[PDB]
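Read the structure below first, then the notes.
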Amino acid sequence: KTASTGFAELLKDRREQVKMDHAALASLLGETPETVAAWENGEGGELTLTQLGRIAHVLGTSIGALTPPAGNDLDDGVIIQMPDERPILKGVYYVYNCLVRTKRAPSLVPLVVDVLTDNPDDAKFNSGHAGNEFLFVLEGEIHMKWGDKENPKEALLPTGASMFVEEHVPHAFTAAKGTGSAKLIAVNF
Amino acid sequence: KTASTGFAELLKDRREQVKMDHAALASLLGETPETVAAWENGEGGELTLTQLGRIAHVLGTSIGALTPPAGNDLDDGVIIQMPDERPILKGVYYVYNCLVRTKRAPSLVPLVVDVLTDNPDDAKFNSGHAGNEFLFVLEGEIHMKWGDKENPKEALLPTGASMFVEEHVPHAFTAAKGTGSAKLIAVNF
Amino acid sequence: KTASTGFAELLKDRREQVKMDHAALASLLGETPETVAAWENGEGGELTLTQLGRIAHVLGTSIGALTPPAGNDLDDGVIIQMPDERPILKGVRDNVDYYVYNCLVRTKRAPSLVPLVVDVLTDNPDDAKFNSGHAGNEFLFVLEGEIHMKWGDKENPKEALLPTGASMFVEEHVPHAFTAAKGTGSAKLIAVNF
Amino acid sequence: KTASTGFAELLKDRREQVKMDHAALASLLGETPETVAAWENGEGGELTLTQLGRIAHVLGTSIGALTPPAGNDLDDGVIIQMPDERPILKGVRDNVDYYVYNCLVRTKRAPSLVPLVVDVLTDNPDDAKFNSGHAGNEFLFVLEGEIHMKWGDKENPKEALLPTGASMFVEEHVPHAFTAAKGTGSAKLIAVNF
Ligand SMILES: C[C@@H]1O[C@@H]1P(=O)(O)O
Ligand SMILES: C[C@@H]1O[C@@H]1P(=O)(O)O
Ligand SMILES: C[C@@H]1O[C@@H]1P(=O)(O)O
Ligand SMILES: C[C@@H]1O[C@@H]1P(=O)(O)O
Ligand SMILES: [Zn+2]
Ligand SMILES: [Zn+2]
Ligand SMILES: [Zn+2]
Ligand SMILES: [Zn+2]
């Protein structure tokens, strides 16, 4: 779980996986065998990002492969979030109502979004993001734009329309012209 | 895209990958080299599931590896579903309002669910399913049960609570006792 | 038979996921619910590739997702191969007998593993014949003789003379050719595609 | 330096995904937004493993997700190794010099690839010494001599006598031991962990 206990275990596995003893690995890093042994005893807590990049280099792998997963925040498979546990965040316009996330699925980023603008001309595109995205119009009408922001594709979405946006596809939302505001629920995954 | 064009191409790749010529592969299947060549020309459309299992066996792989992906139903990254394109389905109680799906992410199964019962004693558990699951209480109160149906864990979820259910975790929903009915939006992914 | 069983189980799983009962799927397919029940009861054996594609399509997924993995052909996690039992296959590129593939152990538990002793017959690097790269990553070892390897752009390749004991890695889709070193007659590779 | 750059880029990506600005993250971490901007400007080099874990935790993900892949050490998709350049390492299990590992080519583009010529020094199958299985799948080839292989439950193992040219596959975590065939002195394996 802790960075240094995950790292200690993974480091020993990797080192062994490539047949190095403490001495060999130590030679490659400007440390003693006793120091490398210490990292493997959970004493790597102070290693810098740069040093970690070097350890990962000499063992022909990534920092990823030497550090633990995000962890387990689940009560027997479940995490719950109560309505007023959420934070409210800005545009830069949208207002974000962040719903339940979990380290057992870091991709899951579900939001309730209030869409403050109803002037499709003001649509602020994002350059497309890392996961796929399910969306559902909660209240009102959404004017959606996607693809190339130069020559976009557009759609008018009444209340209760659902839509999917593939990863890295640039997109933008606004309420339908002169309808004031709409509400989206978004599930990035 | 079509089953037989995907299969034709994948079959040729696999056969070549394991160094077999048409003759060699044919010997293993009770066909002529000319017949195997035909499959590789898109003429495998009539092959049975059982025959496909055999082809996959002799090439030391799965039917999966020899057939195309689900396909692409996206208009430049996006698919949209209008409110009244959805089907309404039964319990066996819940009423399902199936939202937008896509072959580019077959796991995505988003639903609006009406929960018809408000007697937690009547909760019908499912044995847990294949994907992860995000849920959001749309209207009313949900009495949720999960884990072992013998000795379950339970939670009361007010309107606008969000929850995550890990894959294969058995779970059941009902409205809070004597509250009539509630609405969930579920996103299986 | 295990194919029909795995399909039966994965058909039921997928149908339940999209919230369709026997009737809904059966209608979307122009079948009776009994037939679909039958399929889900191990009776899908005779369905065609084309019918399977239809089923996968209606279910918004792939035939692959509805079919079981390649099975387990291991004996407590191990499969062995004795030198006598190797499939031997020819490698002809023009009309020229270029390689002889001696096929090493393979297993349905790691389908992409394709190891080989490759007899490298030609020894004139000038007539080296490129593949167009292939799907797997590849580990290679000079087993006997000396090898003249070419890779990358066939017009202007990178090159290496590799003696007995040399080892190389070729990343997927990277095009490559081998002959024995000019005038040495023949050489041998262990190639491990994974 | 490429570590700090990749972190900088992946930190910004992740922060934007969870909809936090510089201020929100900075506060959740007891830092100023300027420091977080600095991190996102390639200045994260000196952050500790522990600080990284905190950052990953607040961002509900893993350090791995915030750090770049192992780089590319290939020359147009190929890396070669000449027999002279092999790392040589000893394999001692009790006080006994059991194996000699000659390390073959490896690459950051397929970190799990670990090929070896293994010199098998012992030739008394009775004193065969098991590992506890390991992470990768493994392909093996009898390079020289004859091998006595044991696998599975060390109390009651499965076994194989394998002559020169035999090939085997060992699935991950399956425990296994090798010696040379009783009384033949020594043998050689090519082992390819992948
Ligand atoms: C993530 C929710 O769709 C909005 P964004 O992608 O515009 O932030
Ligand atoms: C999928 C939606 O959660 C409900 P179920 O899992 O009870 O069908
Ligand atoms: C496997 C040996 O490299 C050759 P090929 O990949 O062209 O067959
Ligand atoms: C790699 C050779 O099999 C032995 P080891 O895995 O025990 O080192
Ligand atoms: Zn988005
Ligand atoms: Zn569910
Ligand atoms: Zn090759
Ligand atoms: Zn091993």
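Chains are named by letter, beginning with A, in the same order as the sequence lines. The residues of chain A that appear here are 5-96, 102-198 by the PDB entry count, in order. Throughout, chain B uses the PDB entry numbering, with the displayed residues spanning 5-96, 102-198 in order. For chain C, we keep the numbers from the PDB entry: what you see runs 5-198, in order. Going by the PDB entry, the residues shown for chain D are 5-198, listed in order. When a ligand or atom number is given, it counts from 1 through the structure's own listing order. All values below come from the heavy atoms of this structure, side chains included, with hydrogens, waters and symmetry mates left out.
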Mind telling me the name of the drug at ligand 1?
fosfomycin
What would the PDB entry call the macromolecule that lies against fosfomycin (ligand 1) with the most contacts here?
epoxidase
So, around fosfomycin (ligand 1), which other chains have a heavy atom under 4.0 Å away?
A, D
Atom 5 (P) of fosfomycin (ligand 1): nearest protein contact (heavy atom, Å)
A/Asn135 ND2, 3.3 Å
Could you find the nearest protein heavy atom to atom 1 (C) of fosfomycin (ligand 1) and give me its residue, atom name and distance?
A/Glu142 OE2, 2.9 Å
For A/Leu120, which part has a heavy atom under 4.0 Å from fosfomycin (ligand 1): side chain, backbone, both, or neither?
side chain
Filter the residues UniProt lists as binding Fe cation in chain A to those having a heavy atom under 4.0 Å from fosfomycin (ligand 1).
A/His138, A/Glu142, A/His180
Contact atoms of fosfomycin (ligand 1), heavy-atom distance to A/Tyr105 under 4.0 Å
8 (O)
Using a cut-off of 4.0 Å, enumerate the other ligands and ions near fosfomycin (ligand 1).
ligand 5 (zinc ion)
Source organism for chain A according to the entry?
Streptomyces wedmorensis
To which protein heavy atom is atom 8 (O) of fosfomycin (ligand 1) closest, and what is the distance rounded to 0.1 Å?
D/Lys23 NZ, 2.8 Å
Sub-4.0 Å heavy-atom approach of D/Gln21 to fosfomycin (ligand 1):
no
I need the residues around fosfomycin (ligand 1) for my notes - heavy atoms within 4.0 Å, please.
A/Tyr105, A/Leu120, A/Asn135, A/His138, A/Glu142, A/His180, A/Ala195, D/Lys23
